[PDB]
Protein chains: 2
Amino acid sequence: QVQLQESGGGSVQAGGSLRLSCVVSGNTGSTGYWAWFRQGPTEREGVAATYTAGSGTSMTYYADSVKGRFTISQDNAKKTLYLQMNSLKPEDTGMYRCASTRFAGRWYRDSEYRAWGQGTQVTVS
Amino acid sequence: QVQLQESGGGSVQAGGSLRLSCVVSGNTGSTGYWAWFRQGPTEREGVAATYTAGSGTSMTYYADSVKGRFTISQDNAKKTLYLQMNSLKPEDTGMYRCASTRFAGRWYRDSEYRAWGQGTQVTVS
Ligand SMILES: C[C@]12CCC(=O)C=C1CC[C@@H]1[C@@H]2[C@@H](O)C[C@@]2(C)[C@H]1CC[C@]2(O)C(=O)CO
Ligand SMILES: C[C@]12CCC(=O)C=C1CC[C@@H]1[C@@H]2[C@@H](O)C[C@@]2(C)[C@H]1CC[C@]2(O)C(=O)CO
């Protein structure tokens, strides 16, 4: 039922910017995590996430590696999650997967995410 | 466990007024920023904020485009932040989000805010 439709990847030079998007549809429930993961070699790392509570209040989280360079945000009205990627580095290269789940002990615990989007590729030369 | 519960948005004619409210609850800590951001197409801009120190003294900040038209204030006893919006203009239209965080290098650095309320819509015709 849940669909995670990604877009926005591309090839850029170090120092440049990209903006990833994930449009969700279907029966997500009201509460949980909506996250971006970078897939490299199998190797997979949390980049940023939001947690949205039943109250409607959300919380943002970033990996050390991207704090200060990336911004995660969501437009709930449009059911879209955004990852704004500035000051890109070669190490940011990878297949970016958007994932979502109701429950996880930590936002970056990929093993605890149920739903995974088809990724969008980011290449930084 | 922070909750940011917003109210007060609406539709008004240019020149009119609105008053936004955000009631906080939960474990905020004693120190940090409590801010209003305007969200348009995403794009977020800082509107106004307060910084509250552990001393109990607070400091107010405004964006250039609203200085002289808006007033931010908080009623600590009621744990409520207010944005009084006078002399409204069409460019003030947007989804107004209240955000809070312990640390930010600048009050308007939305990427550094951890907690985000469910917005309230402001439309100025
Ligand atoms: C993380 C969440 C719940 C856990 C999950 O498996 C998938 C998602 C991603 C989309 C989120 C959703 C819930 O939080 C409710 C949200 C915010 C929704 C986008 C728009 C939304 O439906 C609402 O705004 C409801 O008010
Ligand atoms: C910005 C702040 C700390 C940083 C944060 O993430 C969320 C908030 C918003 C509510 C503020 C809070 C602290 O400053 C302590 C405050 C003022 C509280 C409202 C009432 C309060 O608890 C007190 O008045 C304590 O004396």
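As listed: the chains are lettered in turn, A, B, ..., one for each sequence line. Going by the PDB entry, the residues shown for chain A are 1-41, 43-126, listed in order. Following the PDB entry, chain B shows residues 1-41, 43-126, kept in their order. Hydrogens, waters and symmetry mates are skipped; everything else that's a heavy atom, side chains included, is used. Both ligands and their constituent atoms are indexed starting at 1 by order of listing.
At ligand 1 one finds the drug hydrocortisone. The chain that hydrocortisone (ligand 1) touches most here appears in the PDB entry under the name anti-cortisol camelid antibody.
Under 4.0 Å from hydrocortisone (ligand 1), there are no other ligands or ions. Annotation: atom 9 (C) of hydrocortisone (ligand 1) to nearest protein heavy atom, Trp34(A) CD2, 3.4 Å. According to the PDB, the organism given as the origin of chain A is Camelus bactrianus. Considering backbone and side-chain N/O atoms, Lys80(A) never comes within less than 3.5 Å of an N/O atom of hydrocortisone (ligand 1). Closest protein heavy atom to atom 5 (C) of hydrocortisone (ligand 1): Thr28(A) O, 3.4 Å. Protein heavy atoms all stay at least 4.0 Å away from atom 16 (C) of hydrocortisone (ligand 1).
Closest to atom 14 (O) of hydrocortisone (ligand 1) among all protein heavy atoms lies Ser30(A) O, 3.0 Å. Other-chain residues and nucleotides with a heavy atom under 4.0 Å from hydrocortisone (ligand 1) are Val24(A), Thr28(A), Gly29(A), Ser30(A), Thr31(A), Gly32(A), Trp34(A), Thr53(A), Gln75(A), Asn77(A), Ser101(A), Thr102(A), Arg103(A), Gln119(B).
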